[PDB]
**Q** 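Below is a deposited model of RAC-alpha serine/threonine-protein kinase with GDC-0068 as ligand.
Residue numbering in chain A adheres to the PDB entry, whereby the residues present occupy positions 144-451, 457-478 in order. Both counts, for ligands and for their atoms, begin at 1 and track the order of listing.
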Amino acid sequence: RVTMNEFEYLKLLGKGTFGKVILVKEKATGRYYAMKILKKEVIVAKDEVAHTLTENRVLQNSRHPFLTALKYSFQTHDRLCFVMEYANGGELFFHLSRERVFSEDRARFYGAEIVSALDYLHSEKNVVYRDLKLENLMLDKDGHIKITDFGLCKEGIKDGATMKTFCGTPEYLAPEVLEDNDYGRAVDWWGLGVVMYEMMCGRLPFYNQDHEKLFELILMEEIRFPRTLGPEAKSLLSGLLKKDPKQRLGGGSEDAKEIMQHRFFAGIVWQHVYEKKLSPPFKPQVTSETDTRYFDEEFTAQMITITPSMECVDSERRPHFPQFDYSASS
Ligand SMILES: CC(C)NC[C@@H](C(=O)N1CCN(c2ncnc3c2[C@H](C)C[C@H]3O)CC1)c1ccc(Cl)cc1
């Protein structure tokens, strides 16, 4: 039976719109985790309840080498706590920022891992991820991808079933989402297109600081590439960033298999991707189990405290949530 008292709170790893993530040590075991901490009050007030419960569900129901693994979820009278594996390599942005562009080989390696994870979610879990953006990609201590943040997932989506919720970050929205006339699972391949584009090209495929103008570009503007980009990369990215999901790579009944067989991935053995038999091109150079070199000092410098008999309280501002009683089976 796990509570807040079972952990030592070490360093702030980041803050998002709805809460914060702390590097913790489980005292009993000496193991290190990233604890995501949400205020019930804030979740309720910002209408983030449904997303939070979706994230909780999808984490409990999924086991994949490239999806962040949940160890515990539990709740206090005022908090919801996700204890997850600590992705020691930080956010991919940290790296991509600094290096400007990844090589095609390194993007290919990350792209394959992301395809592997999305194929599992689509094929095995009937889940559409919907939130594929650079910010949701981290690296584990070995340099393998971890997709994080499952709040915008859609469950129970089998084959060609459609969704209609308008959601996702403005720069990353697929044309059919902006059309707002229903969309399907190929929205994830649009997202793979955008992140692989950022990795290889060093910038978003489409950008304007005005959203109306950004949305016009996403919908209408043909993709362009820096002229150093190799032909196969350009072919992959053009196929992923087709405006019409029916013409998009991965947009047909074969889903991920169409992307897996693209010649950009020639020579990749997909079972070996899954088994982590491809050596990462970058290994995080962390020197301890608590090294936070791949996290922003803006966050890690900050002080941590217990806030910034109530076991059964179930109020409107602070509900007693279902399924926050989770400890992964050993
Ligand atoms: C660019 C910035 C806005 N990014 C915000 C982002 C962030 O700073 N992050 C860094 C810390 N952070 C993580 N840090 C380490 N390991 C892990 C995570 C995930 C919880 C999954 C787990 O393997 C989460 C991502 C974030 C996301 C959600 C919350 Cl609640 C708090 C922070």
**Q** Which one of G157, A177, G159 has a non-hydrogen atom at the shortest distance from atom 28 (C) of GDC-0068 (ligand 1)?
**A** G159
**Q** May I ask you to list the atoms of GDC-0068 (ligand 1) that are less than 4.0 angstrom from any heavy atom of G162?
**A** 30 (Cl), 31 (C)
**Q** Can you name the atoms of GDC-0068 (ligand 1), numbered from 1 with element, that are less than 4.0 Å from a heavy atom of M227?
**A**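 So the answer, numbered in order with elements, is 20 (C).
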**Q** With atom 10 (C) of GDC-0068 (ligand 1) as the reference point, say which of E441, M178, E234 has the nearest heavy atom.
**A** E234
**Q** Which UniProt domain of chain A gets most of the contacts from GDC-0068 (ligand 1)?
**A**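 Per UniProt, it's Protein kinase.
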**Q** Name the UniProt ATP-binding residues of chain A with any heavy atom within 4.0 Å of GDC-0068 (ligand 1).
**A**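 Checking heavy atoms, the UniProt ATP residues near GDC-0068 (ligand 1) are: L156, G157, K158, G159, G162, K163, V164, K179.
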**Q** Of the UniProt active-site residues in chain A, which one sits nearest GDC-0068 (ligand 1), and what is the shortest non-hydrogen distance (1 Å precision)?
**A** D274, 9 Å
**Q** What residues sit within 4.0 Å of GDC-0068 (ligand 1), counting only heavy atoms?
**A** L156, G157, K158, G159, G162, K163, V164, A177, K179, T211, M227, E228, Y229, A230, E234, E278, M281, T291, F438
